[PDB]
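The structure appears right after this line, and notes come after that.
Chain A is numbered as in the PDB entry; shown residues: 42-272, in order. The deposited model was determined using X-ray crystallography, 1.9 Å. Note that ligands are numbered from 1 as they come in the structure, with each ligand's atoms numbered from 1 the same way. No hydrogens, no waters, no symmetry mates; every other heavy atom, side chains included, goes into these values.
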Amino acid sequence: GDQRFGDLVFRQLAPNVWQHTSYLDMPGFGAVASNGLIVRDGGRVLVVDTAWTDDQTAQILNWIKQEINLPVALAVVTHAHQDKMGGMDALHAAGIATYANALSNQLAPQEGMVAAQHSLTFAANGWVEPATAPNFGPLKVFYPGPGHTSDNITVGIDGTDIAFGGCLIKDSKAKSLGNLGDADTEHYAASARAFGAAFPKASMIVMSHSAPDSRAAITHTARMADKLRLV
Ligand SMILES: CC1=C(S[C@@H]2CN[C@H](C(=O)N(C)C)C2)C(C(=O)O)=N[C@H]1[C@H](C(=O)O)[C@@H](C)O
Ligand SMILES: [Zn+2]
Ligand SMILES: [Zn+2]
């Protein structure tokens, strides 16, 4: 079901949802996949996560313009690392309104990211304060607590069985939790379980670094995280 477009791969998940995949090329690293989402919300398109680079992100915009040809109303990025926020300048050059966790915007300069134009804040139960996420349509944004990073956020897509874990969630066969340099090893497992609880009807779990998985992804991530906590 994957389709190549330039150096990107797109996979349709639902009538109005596609996963975008881009691959990092510095000289020094493998071709590392990163996934995000494209959501058609009627007469506009919503983007979750940039690609690694501005150029790659501009390719995503060209795919959208060709294959959907509606205006991109907004992008939300799920934390301040390159694979999620590397393409902010391309979004801004295209005049797209960008949203991130307030904490992601505060971290951005230290991480080398361009901050999003707008800051999301969250209630104590983890749900985005809806004043800070105006006209998000089907995107249900949830901060599950610190895990992969302090600022990681997650997104459910209303009307579908899809929830997006970002880099918080790893696939049910993953051997490790990936990059833990910025991780909160005490709270990670609870944050993975909270994501599962926030979207209890989602049966397709989309994540940054593997194909869409079942809910087993969530329970396998929380286990690896608790193993890490107890060492
Ligand atoms: C580096 C990237 C990683 S670690 C990585 C992805 N899966 C890898 C792997 O070794 N597999 C065997 C699948 C290595 C992750 C991550 O594990 O979540 N994401 C990026 C970095 C990150 O998100 O922390 C970039 C954004 O700095
Ligand atoms: Zn990350
Ligand atoms: Zn990642």
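The drug or drug candidate found at ligand 1 is meropenem (hydroxylated form). Here, the main chain in contact with meropenem (hydroxylated form, ligand 1) is recorded in the PDB entry as Beta-lactamase NDM-1. Ranked by closest heavy atom to atom 7 (N) of meropenem (hydroxylated form, ligand 1), the top entry among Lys125, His250, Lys211 is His250. Distances from atom 10 (O) of meropenem (hydroxylated form, ligand 1) to the protein include no heavy-atom value under 4.0 Å.
For atom 21 (C) of meropenem (hydroxylated form, ligand 1), the closest heavy atom belonging to the protein is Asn220 ND2, 4.3 Å. Atom numbering of meropenem (hydroxylated form, ligand 1) starts at 1 in the shown order; those under 4.0 Å from a heavy atom of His189 are 16 (C), 18 (O), 22 (C), 23 (O), 24 (O).
Looking at UniProt's Zn(2+) binders in chain A, a heavy atom closer than 4.0 Å to meropenem (hydroxylated form, ligand 1) shows up in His120, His122, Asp124, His189, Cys208, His250.
Atoms of meropenem (hydroxylated form, ligand 1) lying under 4.0 Å from at least one heavy atom of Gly219, given by number and element, are 17 (O). What sits closest to atom 26 (C) of meropenem (hydroxylated form, ligand 1) on the protein, heavy atoms only, is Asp124 OD1, 2.5 Å. Judged by heavy-atom distance, the UniProt substrate-binding residues in chain A that approach meropenem (hydroxylated form, ligand 1) within 4.0 Å amount to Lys211, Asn220.
Protein heavy atoms are absent from the 4.0 Å sphere centred on atom 5 (C) of meropenem (hydroxylated form, ligand 1). Distances between N or O atoms of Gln123 and those of meropenem (hydroxylated form, ligand 1) include no value under 3.5 Å. At a distance under 4.0 Å, a protein heavy atom can be found next to atom 23 (O) of meropenem (hydroxylated form, ligand 1).
The distance from meropenem (hydroxylated form, ligand 1) to the heavy atoms of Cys208 drops below 4.0 Å at these ligand atoms: 18 (O), 23 (O). Residue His122 places at least one N or O, backbone or side chain, under 3.5 Å from an N or O of meropenem (hydroxylated form, ligand 1). Atom 15 (C) of meropenem (hydroxylated form, ligand 1) is approached by the protein to below 4.0 angstrom, counting heavy atoms only. Lab note: binding site of meropenem (hydroxylated form, ligand 1), heavy atoms under 4.0 Å, is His120, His122, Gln123, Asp124, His189, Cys208, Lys211, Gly219, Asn220, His250.
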